[PDB]
Colleague: 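Structure provided below as structure tokens; questions to follow.
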Amino acid sequence: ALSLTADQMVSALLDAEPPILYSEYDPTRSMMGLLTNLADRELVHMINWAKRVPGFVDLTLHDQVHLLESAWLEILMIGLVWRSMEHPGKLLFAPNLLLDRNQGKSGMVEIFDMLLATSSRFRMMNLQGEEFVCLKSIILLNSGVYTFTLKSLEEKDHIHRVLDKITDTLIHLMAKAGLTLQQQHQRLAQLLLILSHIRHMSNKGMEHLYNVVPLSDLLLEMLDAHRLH
Amino acid sequence: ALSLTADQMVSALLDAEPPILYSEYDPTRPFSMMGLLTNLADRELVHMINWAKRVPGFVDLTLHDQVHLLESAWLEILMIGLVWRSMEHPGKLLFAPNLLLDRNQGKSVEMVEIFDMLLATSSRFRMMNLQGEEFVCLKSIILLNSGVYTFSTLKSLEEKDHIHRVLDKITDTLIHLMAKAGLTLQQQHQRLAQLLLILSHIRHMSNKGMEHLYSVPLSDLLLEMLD
Ligand SMILES: Oc1ccc2c(c1)CC[C@H](c1ccccc1)[C@@H]2c1ccc(OCCN2CCCC2)cc1
Ligand SMILES: Oc1ccc2c(c1)CC[C@H](c1ccccc1)[C@@H]2c1ccc(OCCN2CCCC2)cc1
């Protein structure tokens, strides 16, 4: 995990990429319901992706749950934003569900505009796929690391070590891209600062989503899988 | 501002530093916490505007954009200042030199949630051995970055460009401070990343804090003070 190279980190992350799911509705024939159903089906695939992120399965089950519980919406959003890059003014929730801002207006066209603005920023920066997977992995490991005993000290230290490896990977990606050393840390800073805005969008999103099993135990169930398959 | 060297950026930032204010309560009478915190924050905000106008490149922006940036960042700025002066006080938050509270004093009203988050941030700074030169850079970054994604006119395009160019200068400054600290190129980029990722948590704390306060528009008060 901590012994991988930069290119091995990239190859591991890309291969771990979840598939693009479709909205469940009749194309031969309500928006929140569609987005909710889409989000829930994506969460299942997100857990599989998370377990394939180098260093994540090295953590305790409790800490895995905590990290995903903190980051799951940010992860959905940055994925959505990535999907929507070459669709200006629109959000590609699914290949059969492409929406403009005046569609999402029918009470949160607010985060719609915020997601669009993020996509435009990624389009302005010419974000690459190898950079995207790095950023998404960073969100997974970092979003909940500040909100967690001897075990916790080792866990947090391990997390920060993996984050450092991803940072080195990002630098390597930009160094190979021909960027000067100054352009490297500048682009690094620009990419990470965007994560603060994605955190912001998640907060506003969760403010809207807020009997049912608490999300932690659902995450617990999907993460704590046996070895019989 | 874009012509400033790294050391000139630091000295300018350090000079622009706001004063540490005191809680307005009488120490001679016995010991409402939120009121004390609210009063302190409002007095700090006035000084924050002075600090903001002395951050390189900020006055180069339109009044409207200055208001937008501050309205988005003001709570984050108050918070990172809080955890900075609380860094040498483990398990406690130094709101003011005469107002030092532990986490049990946080249960005042149905806020200890934000308290623990602030405490956790201060311990993270303490473990990283955050330097004063780094602190002022990060705080300036919050000011310029927090609201830059929530502004399409020709004017606004030039505004966003300038902001991102100043942000780059702060990034250059941070690396220069780490390189002058004796850190290798690998460690420089790693520490840069660690510091900026903390800002995501500060944004998080701000949002949680705003949710508390939400339960005379600020832009008008900011506009009044900025002009
Ligand atoms: O690729 C994606 C699929 C669906 C979405 C998004 C990305 C971006 C946020 C959207 C959003 C809409 C309204 C409010 C907040 C965010 C929507 C979305 C809809 C519903 C959601 O929550 C469903 C509840 N469900 C319970 C456990 C996990 C989620 C999350 C995201
Ligand atoms: O150095 C500082 C002085 C005071 C504070 C803080 C830092 C960190 C946040 C604190 C907080 C406690 C509970 C909930 C949210 C935040 C408290 C604080 C209290 C009240 C505040 O809001 C006052 C309202 N006022 C109207 C216009 C501007 C603020 C801001 C910050």
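Alphabetical chain letters, starting from A, follow the order of the sequence lines given. We number chain A the same way the PDB entry does; the residues here are 307-335, 341-417, 420-461, 465-526, 532-550, in that order. Numbering of chain B is taken from the PDB entry, so the residues present carry the numbers 307-337, 341-419, 421-461, 464-527, 534-545, in order. Whatever order the structure lists them in is the order used to number ligands and atoms, beginning at 1. Atoms considered below: every heavy atom in the structure, side chains included; atoms not considered: hydrogens, waters and symmetry mates.
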Colleague: Quick check: what drug is at ligand 2?
Modeller: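 It's listed as lasofoxifene.
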Colleague: In this entry, what is the main binding partner of lasofoxifene (ligand 2), named as in UniProt?
Modeller: Estrogen receptor
Colleague: Write down the other chains that contact lasofoxifene (ligand 2) with heavy atoms under 4.0 Å.
Modeller: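 Other chains, by heavy atom: B.
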Colleague: Where's the contact between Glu423(B) and lasofoxifene (ligand 2), heavy-atom distance under 4.0 Å: side chain, backbone, both or neither?
Modeller: neither
Colleague: I'm curious, in chain B, which UniProt domain holds most of what contacts lasofoxifene (ligand 2)?
Modeller: NR LBD
Colleague: State if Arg394(B) counts as touching lasofoxifene (ligand 2) under the rule of any non-hydrogen atom under 4.0 Å.
Modeller: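 So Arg394(B) counts as touching lasofoxifene (ligand 2).
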Colleague: Are there other ligands or ions under 4.0 Å from lasofoxifene (ligand 2), and if so, which?
Modeller: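 Neighbours of lasofoxifene (ligand 2): none.
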Colleague: Could you tell me which atoms of lasofoxifene (ligand 2), counted from 1 in the order shown, lie closer than 4.0 angstrom to a heavy atom of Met343(B)?
Modeller: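 With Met343(B) as reference, the close atoms of lasofoxifene (ligand 2) come out as 13 (C).
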Colleague: Using a 4.0 Å cutoff against the non-hydrogen atoms of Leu525(B), which atoms of lasofoxifene (ligand 2) qualify?
Modeller: 20 (C), 21 (C), 22 (O)
Colleague: Heavy-atom contacts with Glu353(B) under 4.0 Å: which atoms of lasofoxifene (ligand 2) show up? List them by number with element.
Modeller: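 Contacts of lasofoxifene (ligand 2) toward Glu353(B), numbered from 1: 1 (O), 2 (C), 3 (C).
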Colleague: Just want to see if lasofoxifene (ligand 2) lands near the annotated pocket: which residues UniProt lists as binding 17beta-estradiol in chain B have a heavy atom under 4.0 Å from it?
Modeller: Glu353(B), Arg394(B), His524(B)
Colleague: Would you call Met421(B) a lasofoxifene (ligand 2) contact, heavy-atom distance under 4.0 Å?
Modeller: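 Judged by the 4.0 Å heavy-atom criterion, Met421(B) does not count as contacting lasofoxifene (ligand 2).
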Colleague: By number and element, which atoms of lasofoxifene (ligand 2) are closer than 4.0 Å to a non-hydrogen atom of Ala350(B)?
Modeller: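 Near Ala350(B), the atoms of lasofoxifene (ligand 2) are 4 (C), 21 (C), 30 (C), 31 (C).
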Colleague: Between the candidates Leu345(B), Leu384(B), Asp351(B), which shows the shortest non-hydrogen contact distance to atom 16 (C) of lasofoxifene (ligand 2)?
Modeller: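 The residue whose heavy atom sits nearest atom 16 (C) of lasofoxifene (ligand 2) is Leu384(B).
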Colleague: Which residues would you count as binding lasofoxifene (ligand 2), with heavy atoms within 4.0 Å?
Modeller: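 Within 4.0 Å on heavy atoms: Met343(B), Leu346(B), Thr347(B), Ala350(B), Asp351(B), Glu353(B), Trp383(B), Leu384(B), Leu387(B), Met388(B), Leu391(B), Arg394(B), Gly521(B), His524(B), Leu525(B), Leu536(B).
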